[PDB]
Undergrad: 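Hi! I'm looking at a structure that contains ciclosporin and have some questions.
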Amino acid sequence: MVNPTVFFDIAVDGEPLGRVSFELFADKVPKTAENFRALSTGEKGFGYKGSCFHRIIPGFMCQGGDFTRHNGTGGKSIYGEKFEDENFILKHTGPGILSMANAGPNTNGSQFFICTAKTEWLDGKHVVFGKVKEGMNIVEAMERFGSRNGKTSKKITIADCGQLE
Amino acid sequence: XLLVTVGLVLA
């Protein structure tokens, strides 16, 4: 078995910026990795394509995944509305870590965040499930449009996404 | 603060 690789093509106010590819740790968190993989291909009839990064805080992370309410409060998993915290084997060790946003224990939906720094205070509370494989330079460019309160100065969207391998 | 929540974003 090989971990799946998924990609997002990012755009800033409709202008293509670049591609970021992620490796998902299906060998350690199969259920969480599968949810993200299926949401990236759009194979269940809904997903990340066309959604945006609604909250970006420089030096911390870029958060996205709300394809429903499109305002930071929505999204859902391929298993229904929410699912359990699979495990917390992996930690928020540095830039590039892919982890799930939530509203407390066992409330995983579709929202996720890409860490741009080590965030150890999130360990044991947020399920880490992948890492940026290529295109970390695109994530750094994205960070430039965020702010301390999270609001972005330009609309950052996932113009296209899918599975590479 | 620096949290990543869905619904009630805290300081």
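By convention here, the chains are lettered A, B, ... following the listed order of sequence lines. Going by the PDB entry, the residues shown for chain A are 1-165, listed in order. Residues 1-11, in that order, are what chain B shows, numbered as in the PDB entry. As a basis for the values below, the full set of heavy atoms in this structure was taken, side chains included, without hydrogen atoms, waters or symmetry mates. Recorded method for this deposit: X-ray crystallography, 1.9 Å. Modified residues: shown as parent amino acid or X; atoms beyond the parent skipped.
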Undergrad: Point out each ligand or chain corresponding to ciclosporin.
TA: chain B
Undergrad: Count heavy-atom pairs within 4.5 Å of ciclosporin for each chain, then name the one with the most as UniProt does.
TA: Peptidyl-prolyl cis-trans isomerase A, N-terminally processed
Undergrad: UniProt domain of chain A most involved in contacts with ciclosporin?
TA: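 UniProt domain: PPIase cyclophilin-type.
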Undergrad: What is written as the name of chain B in the entry?
TA: cyclosporin D
